[PDB]
Amino acid sequence: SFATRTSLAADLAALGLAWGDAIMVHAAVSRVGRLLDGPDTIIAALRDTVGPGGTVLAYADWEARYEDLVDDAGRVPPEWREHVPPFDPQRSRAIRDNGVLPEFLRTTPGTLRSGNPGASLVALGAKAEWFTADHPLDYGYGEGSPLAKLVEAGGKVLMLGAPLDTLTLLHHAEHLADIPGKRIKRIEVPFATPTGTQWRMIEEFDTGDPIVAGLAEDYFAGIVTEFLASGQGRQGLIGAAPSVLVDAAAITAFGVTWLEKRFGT
Amino acid sequence: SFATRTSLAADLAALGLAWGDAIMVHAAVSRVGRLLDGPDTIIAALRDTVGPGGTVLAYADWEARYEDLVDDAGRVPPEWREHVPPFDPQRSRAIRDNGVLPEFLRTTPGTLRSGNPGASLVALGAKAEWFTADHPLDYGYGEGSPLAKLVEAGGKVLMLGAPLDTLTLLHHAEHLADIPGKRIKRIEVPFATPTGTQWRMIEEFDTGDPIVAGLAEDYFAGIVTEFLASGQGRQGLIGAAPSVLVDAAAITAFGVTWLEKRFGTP
Ligand SMILES: CC(C)(COP(=O)(O)OP(=O)(O)OC[C@H]1O[C@@H](n2cnc3c(N)ncnc32)[C@H](O)[C@@H]1OP(=O)(O)O)[C@@H](O)C(=O)NCCC(=O)NCCS
Ligand SMILES: CC(C)(COP(=O)(O)OP(=O)(O)OC[C@H]1O[C@@H](n2cnc3c(N)ncnc32)[C@H](O)[C@@H]1OP(=O)(O)O)[C@@H](O)C(=O)NCCC(=O)NCCS
Ligand SMILES: NC[C@@H]1O[C@H](O[C@H]2[C@@H](O)[C@H](O[C@@H]3[C@@H](O)[C@H](N)C[C@H](N)[C@H]3O[C@H]3O[C@H](CN)[C@@H](O)[C@H](O)[C@H]3N)O[C@@H]2CO)[C@H](N)[C@@H](O)[C@@H]1O
Ligand SMILES: NC[C@@H]1O[C@H](O[C@H]2[C@@H](O)[C@H](O[C@@H]3[C@@H](O)[C@H](N)C[C@H](N)[C@H]3O[C@H]3O[C@H](CN)[C@@H](O)[C@H](O)[C@H]3N)O[C@@H]2CO)[C@H](N)[C@@H](O)[C@@H]1O
């Protein structure tokens with residue numbers, strides 16, 4: 001009853017994961033079953049399937065609970081400024097909400113982490129250095145982001161037992177969509193620097209809620225569901241977890257058209 | 001209401017943690033309260049209290065589920081041998097049973113991890129290399145082990161909200177105790193090599209149960225309780241967690257004498 005890196009790789013190949021793919025994974029490890037090496041079995045299986053020319057990616061985000069202390073302009077009060085732990089791409093943990101896997105991937109020797117804290121991705125493999133390079137600090141889900149590079153690279157996204165609304169790539173569709181009423185987030189971010197802490201104001205479309213009013217919180221799952229229903233994407237089991245595999249460029253264009261059809265002109 | 005690295009260091013100083021100390025920590029991080037930097041707040045506070053001359057240590061162990069497959073001699077079935085992930089001191093996770101802190105410390109840049117998988121410790125600070133170097137693979141809780149070095153260096157053990165029965169150092173007292181009937185655990189451990197997996201049999205006194213028959217599972221808690229009752233050690237709050245701080249040499253000698261009184265003949 002032990003799932004192994006060999007058995008999971010066979011499940012991944014049957015689902016459609018291909019040699020040389022850049023694969024981004026959102027996993028609910030508790031639904032995969034008994035794993036011989038725990039969550040690292042999934043990372044090893046993904047690397048075995050894509051090979052040294054492929055890349056394994058996950059959404060890291062940043063564990064930064066100082067967000068509760070900020071005012072309405074997103075500023076940290078001066079009495080708290082020197083206590084907020086600054087962002088270090090090599091030492092800052094991945095956010096706990098994303099699950100154990102993004103942190104397990106981040107601490108795998110050889111994995112790189114991009115510089116935009118809230119929008120940061122981890123990448124391990126051939127194009128990891130390119131995926132994590134030059135992440136724009138403002139609107140880090142847009143044109144120069146790792147998510148845009150995932151579309152650029154013809155990559156794929158694997159929902160490994162995770163609820164479909166956790167597909168981070170659809171925030172990149174939210175960014176691109178020509179629709180009105182886009183919600184905006186502004187927050188002060190501390191950055192670790194060799195000379196001390198450097199504060200910077202960050203502006204981006206708010207990803208803590210749907211980009212526009214009139215949408216349910218988990219509305220991403222409805223887009224993925226309709227994307228599967230249109231005959232695109234693949235569904236199957238990875239271990240014991242019902243999983244979904246989608247093409248990054250196709251789902252992004254679907255999401256952009258989905259938003260621009262319902263909202264705006 | 002956010003526990004911070006400055007506030008936790010103040011709690012640690014009030015408990016007795018001193019500049020330059022080598023401190024081994026057993027933590028129940030959920031009891032510390034709301035932390036501004038999560039579990040890393042505790043690690044940063046410990047480093048701030050001991051300073052650059054001090055060292056922060058935790059019991060890492062090893063997350064290795066293949067023990068369920070072993071036969072009656074502790075041997076791995078041949079059809080499973082090449083599938084068991086081998087031990088890598090830099091890549092093998094800390095065991096999940098020990099809590100989030102040992103894994104967070106292990107993955108902090110600057111931390112080293114010793115080579116005995118089941119008994120491995122992590123160390124961060126001045127003596128991290130000395131604490132984790134040349135960990136004997138057999139009887140990895142005895143002579144020349146990181147636990148013996150913690151005693152050698154006059155280090156301390158911090159129970160940060162953790163149950164007193166998780167004090168790993170008392171396994172070093174179990175090893176040293178001159179008592180009969182000591183149970184021995186022997187199991188196959190895979191070691192990572194460039195050429196594949198290298199299997200080795202590991203022999204040690206069994207630390208999954210009391211060293212001798214007739215003892216309760218949490219009997220370590222009884223030793224610390226009696227150790228505190230004798231007027232030794234310090235008690236206090238670290239954040240919101242009731243904590244205990246003890247001298248590594250004192251608790252070890254207390255534990256050895258405790259076992260040699262109940263069991264063993266002069
Ligand atoms: C939130 C979410 C992760 C919860 O699902 P989950 O399976 O319960 O959480 P995890 O993915 O961390 O998997 C937990 C399993 O991993 C294993 N695990 C967790 N920590 C472990 C550790 N230190 N050591 C070994 N194994 C561990 C365990 O098997 C655990 O199962 P258990 O708690 O039942 O014993 C999932 O619903 C989800 O949304 N995933 C997508 C995340 C994402 O990418 N989000 C983007 C922003 S929304
Ligand atoms: C078993 C034991 C760890 C359980 O105590 P615990 O506090 O509930 O578990 P942890 O120490 O891992 O800390 C949990 C807290 O850490 C935080 N945490 C856990 N994972 C986190 C993550 N990825 N990111 C940020 N914070 C995290 C959370 O605050 C979590 O609280 P929550 O799970 O209620 O939300 C504790 O009782 C114990 O025995 N500690 C000593 C273990 C030891 O060293 N044993 C050696 C021989 S037995
Ligand atoms: N949900 C209501 C809103 O939540 C905000 O905080 C939210 C925010 O920190 C964080 O949101 C994070 C963002 O950061 C990150 N950049 C992308 C990520 N997908 C998103 O995640 C959130 O949206 C997903 C749906 N795609 C959900 O699956 C997920 O459970 C949820 N945490 O989770 C918190 C709660 O979801 C604010 N508190 C406030 O704007 C309002 O309360
Ligand atoms: N206790 C009963 C026995 O437990 C064994 O497994 C045990 C073993 O793998 C493992 O034991 C681990 C050892 O590894 C490790 N080298 C030191 C560590 N202190 C110890 O931990 C154990 O003993 C502590 C008390 N010091 C307890 O606080 C802790 O809850 C317990 N997990 O946890 C399991 C539960 O203790 C066997 N299943 C079987 O021989 C029998 O059931």
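Here is the naming used below: chain letters follow the sequence lines, and residue numbers restart at 1 for every chain. Computed over heavy atoms, backbone and side chain alike; hydrogens, waters and symmetry mates excluded. Remember, it's 1-based here, ligands and their atoms both numbered in the order they're listed.
Looking at ligand 3, the drug there is neomycin.
In the deposited model, the macromolecule with the most close contacts to neomycin (ligand 3) is named by the PDB entry as Aac(3)-IIIb protein. Other chains within heavy-atom reach of neomycin (ligand 3), distance under 4.0 Å: A. Ligand-side atoms of neomycin (ligand 3) in range of A:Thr166: 28 (O), range being under 4.0 angstrom from any heavy atom. Under 4.0 Å from neomycin (ligand 3), the heavy atoms of A:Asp61 that appear belong solely to its side chain. For atom 33 (O) of neomycin (ligand 3), the nearest non-hydrogen atom of the protein is A:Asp97 OD2, 4.7 Å. For A:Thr168, the heavy-atom gap to neomycin (ligand 3) stays at 4.0 angstrom or more. Between A:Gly208 and neomycin (ligand 3), at least one N/O pair is under 3.5 Å apart. Among protein heavy atoms, atom 13 (C) of neomycin (ligand 3) sits closest to A:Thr207 OG1, 3.5 Å. Scanning the protein heavy atoms around atom 9 (O) of neomycin (ligand 3), the nearest turns out to be A:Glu67 OE1, 4.5 Å. At a 4.0 Å heavy-atom cut-off, neomycin (ligand 3) touches A:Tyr59 through the side chain alone.
Contacts between A:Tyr141 and neomycin (ligand 3) below 4.0 angstrom, taking non-hydrogen atoms only, involve the side chain exclusively. Other ligands and ions closer than 4.0 Å to neomycin (ligand 3), given by number and name, are ligand 1 (coenzyme A). Atom 42 (O) of neomycin (ligand 3) has its closest protein heavy atom at A:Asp209 OD2, 4.9 Å. Of all atoms in neomycin (ligand 3), listed by their number and element, those nearer than 4.0 Å to a heavy atom of A:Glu217 are 1 (N).
The N/O atoms of A:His171, backbone and side chain alike, include one that comes under 3.5 Å of an N/O atom in neomycin (ligand 3). The entry names the source of chain A as Pseudomonas aeruginosa. Of all protein heavy atoms, the one lying nearest to atom 28 (O) of neomycin (ligand 3) is A:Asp165 OD1, 2.6 Å. Distance screen at 4.0 Å: atom 15 (C) of neomycin (ligand 3) has a protein heavy-atom neighbour inside the cut-off. Using a 4.0 Å heavy-atom cut-off, the binding site of neomycin (ligand 3) is formed by A:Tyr59, A:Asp61, A:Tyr141, A:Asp165, A:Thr166, A:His171, A:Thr207, A:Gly208, A:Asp209, A:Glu217, A:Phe220.
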